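A short write-up of the structure that comes next.
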Amino acid sequence: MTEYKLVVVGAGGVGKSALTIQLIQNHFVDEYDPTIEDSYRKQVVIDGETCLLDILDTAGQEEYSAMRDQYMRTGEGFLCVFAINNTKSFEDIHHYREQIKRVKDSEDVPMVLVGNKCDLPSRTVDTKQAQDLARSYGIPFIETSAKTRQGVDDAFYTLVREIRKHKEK
Ligand SMILES: Nc1nc2c(ncn2[C@@H]2O[C@H](COP(=O)(O)OP(=O)(O)O)[C@@H](O)[C@H]2O)c(=O)[nH]1
Ligand SMILES: C[C@H](CN1c2ccccc2Sc2ccccc21)N(C)C
């Protein structure tokens, strides 16, 4: 069993805790405080390998910058989640990519672009927009929903596989 640290990165309100809890407790949560930051452990047999995925639902602003940079350095995978009905959080993705690349001091970082709330209207972020952005970062992009659970398992599985490829590079 290989232990893998899967951290979710995104803006406050994209559904970090929701998507995480959905796969951990197998149920959607409508009300959950965004300040709640905790990690969850889940052993999944991916490709014949039982990997222990340690998913982290971070809050945002830490008490100390060192701790911030620390959890980012030990993080193996970074799930970039945004809202398809919000351009603000979509543009915030550039900040995360830039930051993580500096914090880990590495350009090759296993990331996966995930567009949550694909079942909701007012879609401002075009699929082509996100796809092009993902291609520019050399990472995959999957539309998901914490409600319909569409492509959720796939998005997470891909993230783990991306890490693997980076490890066996
Ligand atoms: N409709 C809809 N609401 C979501 C979705 N994901 C999260 N939310 C809601 O966003 C609010 C905060 O969710 P939370 O788990 O705190 O996500 P976070 O604060 O971004 O980490 C709650 O009302 C969640 O139910 C989603 O995919 N669809
Ligand atoms: C995010 C932390 C655990 N953690 C960590 C804690 C303090 C300093 C550095 C780190 S390394 C890290 C990396 C990935 C997931 C969680 C952490 N905990 C709130 C779950």
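Sequence positions for chain A are given in the PDB entry numbering; the residues included correspond to 1-169, in order. Hydrogens, waters and symmetry mates are skipped; everything else that's a heavy atom, side chains included, is used. Just so you know, ligand 1 is whichever comes first in the structure, and atom 1 is the first atom listed for that ligand.
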(request) Find the chain with the greatest contact count to ligand 2 and give its name in UniProt. (result) GTPase KRas, N-terminally processed
(request) Tell me the name of the drug molecule at ligand 2. (result) promethazine
(message) I'm curious how promethazine sits relative to the natural ligand site. Which residues UniProt lists as binding GTP in chain A have a heavy atom closer than 4.0 Å to it?
(response) none
(request) Tell me the organism the entry assigns to chain A. (result) Homo sapiens
(message) Can you check which residues touch promethazine if I set the heavy-atom cut-off to 4.0 Å?
(response) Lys5, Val7, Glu37, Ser39, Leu56, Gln70, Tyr71, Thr74
